[PDB]
K.L.:
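This entry shows AZD4547 within the model.
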Amino acid sequence: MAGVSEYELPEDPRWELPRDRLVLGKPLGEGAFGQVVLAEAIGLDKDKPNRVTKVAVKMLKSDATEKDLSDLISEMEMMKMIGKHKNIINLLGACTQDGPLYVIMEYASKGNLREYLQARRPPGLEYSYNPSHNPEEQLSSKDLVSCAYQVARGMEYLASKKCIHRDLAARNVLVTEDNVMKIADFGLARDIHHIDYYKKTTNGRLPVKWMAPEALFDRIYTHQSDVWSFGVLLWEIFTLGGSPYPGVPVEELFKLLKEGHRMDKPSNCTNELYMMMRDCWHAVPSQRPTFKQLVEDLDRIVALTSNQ
Ligand SMILES: COc1cc(CCc2cc(NC(=O)c3ccc(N4C[C@@H](C)N[C@@H](C)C4)cc3)[nH]n2)cc(OC)c1
Ligand SMILES: [Mg+2]
């Protein structure tokens, strides 16, 4: 709420970047946690100080409170501890001085995995209609499995760093210009207050369709609860950005999950891959597979899956 000049942002010479080295551009997306723009960083790598690098600059909004600021700092600080993996949105730098707080991150040009897939839906009948006015080339059967594999390695890494996402979804997986899957919003701080269940997001998405039952009833988040969400993500992949539990309302979702209701297999999906979803959707958290296993299985499947 107060001016940023009245606080003490953490300065870290390893990550700190002069504001005159950033060329801001068009917005990329808004949210309850703040604004993200496309930007150009000059001399990010200072082995190449005359290099420009396309980056994503995340920042607070006009209405941002002192809570929102602390969350953005904590998000930046934890990404440092977690470390670097190819398949996550990495920290590149930050502007903590001479102005508002900027957190510079890797830039994914092709948006999130949901809209990525929806814009590459073939006009057949096994999927719903392509909602994009700029449809791209459809993905092969191995591109989809490989897409799922990369999300697993990212989550496997986060798991090894004792990181729990608590909201793993296709909307939280970004895609670069080289079609690399990068997991996002893994560094967000968990709220101390009780969270609503009919609280749609900025994009109008219910986060309860990705929650594990234990995280839904007892609010218990573990690595296994993220494995549950990975099953839902897998479902989104092979439905090409489909929406989980179609026709099932929110208030009835709590009952049917308890009764053992699961989603049906998507049209174009192998039994093996659906079996993987079911293992993730196990009612017993300790019987769900680990990401280590999920990476082992998917890697084998990718080898067997065809491009043709
Ligand atoms: C609100 O803080 C963030 C920050 C991040 C990490 C920083 C980041 C953001 C991005 N990228 C985009 O935000 C982006 C890029 C292209 C988009 N599109 C527009 C679409 C219509 N056409 C598509 C062809 C491309 C749409 C969105 N990279 N790194 C992720 C995030 O997620 C949950 C939220
Ligand atoms: Mg969202």
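For the single chain, residues carry numbers from 1 onward in sequence order. Start at 1 and go down the list; that is how both ligands and their atoms are numbered.
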K.L.:
Give the place of AZD4547 in the structure, all copies included.
P.N.:
ligand 1
K.L.:
Which macromolecule does AZD4547 make the most contacts with, named the way UniProt names it?
P.N.:
Fibroblast growth factor receptor 1
K.L.:
What would you say the binding site of AZD4547 is, if we count heavy atoms under 4.0 Å?
P.N.:
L28, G34, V36, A56, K58, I89, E106, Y107, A108, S109, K110, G111, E115, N172, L174, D185
K.L.:
Specify which UniProt domain of chain A supplies the largest share of contacts to AZD4547.
P.N.:
Protein kinase
K.L.:
Which residue is it, and how far: the UniProt active-site residue of chain A nearest to AZD4547, by heavy-atom distance to 1 Å?
P.N.:
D167, 8 Å
